[PDB]
Structures are given as structure tokens and as C-alpha cells.
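Complex: estradiol / Estrogen receptor.
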There are 2 protein chains.
Amino acid sequence: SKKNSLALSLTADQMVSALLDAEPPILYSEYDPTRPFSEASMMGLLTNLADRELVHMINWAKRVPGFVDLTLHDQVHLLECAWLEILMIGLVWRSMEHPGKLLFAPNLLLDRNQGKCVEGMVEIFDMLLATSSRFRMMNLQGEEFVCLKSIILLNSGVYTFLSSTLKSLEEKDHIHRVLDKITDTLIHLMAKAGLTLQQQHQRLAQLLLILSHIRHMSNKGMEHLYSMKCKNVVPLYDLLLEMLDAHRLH
Amino acid sequence: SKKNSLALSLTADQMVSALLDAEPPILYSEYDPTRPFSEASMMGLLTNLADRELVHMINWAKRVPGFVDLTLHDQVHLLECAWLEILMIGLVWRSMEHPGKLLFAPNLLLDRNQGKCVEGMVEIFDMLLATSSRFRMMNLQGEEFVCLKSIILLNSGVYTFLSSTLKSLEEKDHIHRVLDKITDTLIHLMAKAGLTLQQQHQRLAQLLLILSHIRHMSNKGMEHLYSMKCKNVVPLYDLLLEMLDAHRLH
Ligand SMILES: C[C@]12CC[C@@H]3c4ccc(O)cc4CC[C@H]3[C@@H]1CC[C@@H]2O
Ligand SMILES: C[C@]12CC[C@@H]3c4ccc(O)cc4CC[C@H]3[C@@H]1CC[C@@H]2O
């Protein structure tokens, strides 16, 4: 009984202006450029931004096409299975124009060094800078971004729903369908820019292949946060703590 | 000074028969269906297969196009950054036709249960079965496979080379170039099968998106192996131990 929402009908353009209108606000950090960041100082500073930003992401999710067509539990699943990936593909986007620096917030701008203020934090920053950089090198257009962002919320953690029943397959299928359309939007947005057919193909792959690395930075970065929490350096942010105690990583 | 190898010229077809001829042999396990698998018993049984299989993978790598065009150190980097992903996209391929079971070796065939013989092992098996299953659901053709396999060896761990110099960018660029061609091979192999343009696009994305999950299973599965080694359940297989002490995961 595979239903029919709005997502599936949307014109390749509406699809865009949809995800585009959907975009959440750009938060701001509250630190005081006085006290020198300590391992703890920055962690808290970041995790704070994370936790808050995480509140808008939930709302963002609801606006993504086909997303509410899933079962509530399955929406939460997707959400908590990709939250960190999403937090990062955003960061990398914001950091596009500022090479060598990650624009966490317009008021909080860090570089490869600050990263060293926290253990193991460095490597990640570099991976984020590399992805950050790579995007810029392809001249990633804002429309493509929101497409990717959406693709993560829908792909990451789809093969692992709670279910393995019968309504699980319907769902698993709906998502695949929306994703297929998101692909059309992307391919479209690329022809609407000159790219040869060959180029469209290639650029598609190139973008999707970044999603591999992101997925990767998400795993490594998650193990990290868990560690900082085991060192009692992380503030008690229940939302962030939830999206973490969700991966059960040990 | 971006060189010009053979890879870049290859016809979309040669590209295939290249990777296809490149394929390594299908190993075999040596266990005795007598003694009941213990957490340790199977781990050793698997890790043994892993370690050995890992020997052919190295040789396989050399045969992949554009791969030897890199710097030796960079080849090792790629190799040790994706070894596990590769070991898995293979497993999943072998397990295609046997739903609910992972065909590690033609003589060693396990199911969702045996997985439970080892701690945390289960979840992974399921993820592998899901991917295993998903492939079958798309009727993944052997040619596409070898394409993916190659794409992993080249993409996974490219944004993180030793270098961040000047010869690093050349390299990083060559790979991107070969990858772009591997994309052409794929898109080609799909038109050579009827698929509309739209379908080619869509199926491309669909395959590449699996690579996200694989990357994921690789991270989680790696953390696992490290754990078993911390519990002294893993045999001392120096090659396997090398490709692990390479991720520095803690
Ligand atoms: C989760 C971490 C703190 C919060 C960081 C953050 C915080 C906010 C945000 O929008 C993106 C990111 C990306 C990387 C995250 C980090 C990865 C390592 C660290 O533990
Ligand atoms: C590395 C592990 C043992 C070896 C397993 C293997 C061994 C051989 C092979 O060809 C593929 C795989 C995939 C999953 C691997 C497992 C992931 C968890 C476990 O620690």
C-alpha cells in the first residue's frame, strides 16, 4: 500500500524552493573572547551550539519532502541516525569561503590550531576543512547543498529501520522514491547550468562521493564526543546527549 | 605537472574488462564443522580469512587503473584506509543470492544467528545483510560491482593523504579524474542495458549512496575488531593488525 504524498509530484524546481525555504536559521555562539579556550571551554562552547542548532534541525526535518510521510518513529530514527552528519555538512558549507577555518558561527570562527586545544579534535577539524575545501573547489551551489543535506536525512540510516516487517518495506521504498526525485532535482539544477550530460553524471557522483566522507567524519566525530563525555568535559545537554546515547557506540 | 597514464584513455569497456580481469580469487575457510563456534572460535575463523584475503587485495589494488600512477605511500594510504570497506562490499556481493546469510567463504556460510556467537557482532551482520539484500533488490550486475569496489579504493581516504603539499594536489586530482571515468563506465554499462537517461542518473546515485552505508559499516566494524583485540580474542595476524593499527581509532 505505497501512498502518494506531495513530494513525488513536485516539479524539480518546487523541490528546491521547498528545501530552500525549509532552511533553518544560522545560530550564534555566546562565548567571551576573553578566557582562553580550554579543552573543556571549547567543547562546551561547541556542544552548546550543537545542542541548540539540533533543535532547529528537528523542525527542519519536518519540512523536508516525503519526510512526514514516514511513521513518526521512523522519522526519529532517520533524524537521530544522521543528526551529526547534518550538523557537519552545514558547517562545511558555512566554512566554504574561509579556507583554513571552520565557521561554526558568524561570531565563533576557529582554525586548524584552536582545534588542537582539544584532544583528538584536530584530525576531525582537518577532515572538515578538507571537505570544506573540496566543496569550494567544485563551486558547490546553495541549491545542490540543500539537496545533499536532504539526501543525508533520508539515506543515512534507512537500511536499519526499527522494522524489518511489511510496513517497513513500504517505508524503505518511499524514501528510495523521494531520494530518486532529489536526484532529478540535482541533475536538473546541473543542466540548468550548462553542464554536458557527461558533466551532470560526473558532478552527481562527485557530490554523492563526498557524502561517503561525511558519513565517515560523522562516525569518527561521534566516537570523539562520546569520549569527551567519558572524561566529563561535556556539558549535560539532554538533546545532544539523546542523539548520542542513540548510536550506542561503545 | 598532471601526468597521463593508461587509465584516462581506456574505453568505457576496457575499463571494465580491466577491473574484471583484475578480480582476486575467492578464498576458503579452514574450520572444522565440529567444535561449536565460540566468540573466539569464529573471530579467529573470520579474522583468518580476513588476513589472508587481505593479501590478495593488495595485489588487486595494483591492477586497478590509475592506482599505480599515485605515489607508493599514497597507494598504501588508500589501501589501508579502505581495506575493510573493500572486504565488505565483497562479502555483500557473495551473499547476494543467499538472503539471510553472509557467504564469507563457499565453505563457511553464516546466518543472523551465528553472528550472535560474538558480542556486538550481530548488529553488523544485520547491516551487512541489509546491504547484501539491497544489492540483490537492484539486481546489481557484476560489472557495476567491480566499478564500486574500485571507487572505494580510490575515494575512501583521498581527502586525507599524508600530503597537503603541492604534489598532493596533483595526486588528489588524478584520482578525481580516474573516478570521473569510472563514473562514465558505470553510466555506460547502464545505457548498454536499456535504462533511460533518468534511470541511469537515478541508479548511479542509488549505488553511490550504498557506498555511504558501507563506509559506515566499515567504521563501526573497525571499532568492533579493535575491541575484540582488546579482549585478546583476536589471533595475531600482522597484516590485519597493520590495517587496523592504521586507523588509530581509540
Ligand atoms: C561532536 C563534536 C563537537 C561539536 C561539533 C559541531 C558543532 C556544531 C555544528 O553545527 C557542527 C559541528 C561539527 C563537528 C562537531 C564535533 C565532532 C567532534 C566533537 O566531539
Ligand atoms: C572485522 C570483523 C571480522 C572480519 C569480517 C570479514 C572477514 C572477511 C571478509 O571478506 C569480510 C568481512 C566483513 C566483516 C568483518 C567483521 C566486522 C566486525 C569484525 O570485528
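Note: chain IDs run A, B, ... matching the order in which the sequence lines appear. Following the PDB entry, chain A residues are numbered 301-550, in order. Throughout, chain B uses the PDB entry numbering, with the displayed residues spanning 301-550 in order. Note that ligands are numbered from 1 as they come in the structure, with each ligand's atoms numbered from 1 the same way.
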Heavy-atom neighbours of estradiol (ligand 2), other chains, cut-off 4.0 Å: B
Where does the model put a covalent connection between estradiol (ligand 2) and the polymer, residue and atom please? none
Hey, quick one: which UniProt domain of chain B is doing most of the touching with estradiol (ligand 2)? NR LBD
What is the listed source organism of chain B in the PDB? Homo sapiens
Among residues of chain B listed in UniProt as binding 17beta-estradiol, which lie with some heavy atom under 4.0 Å from estradiol (ligand 2)? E353(B), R394(B), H524(B)
Non-hydrogen contacts within 4.0 Å of estradiol (ligand 2): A350(B), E353(B), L387(B), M388(B), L391(B), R394(B), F404(B), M421(B), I424(B), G521(B), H524(B), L525(B)
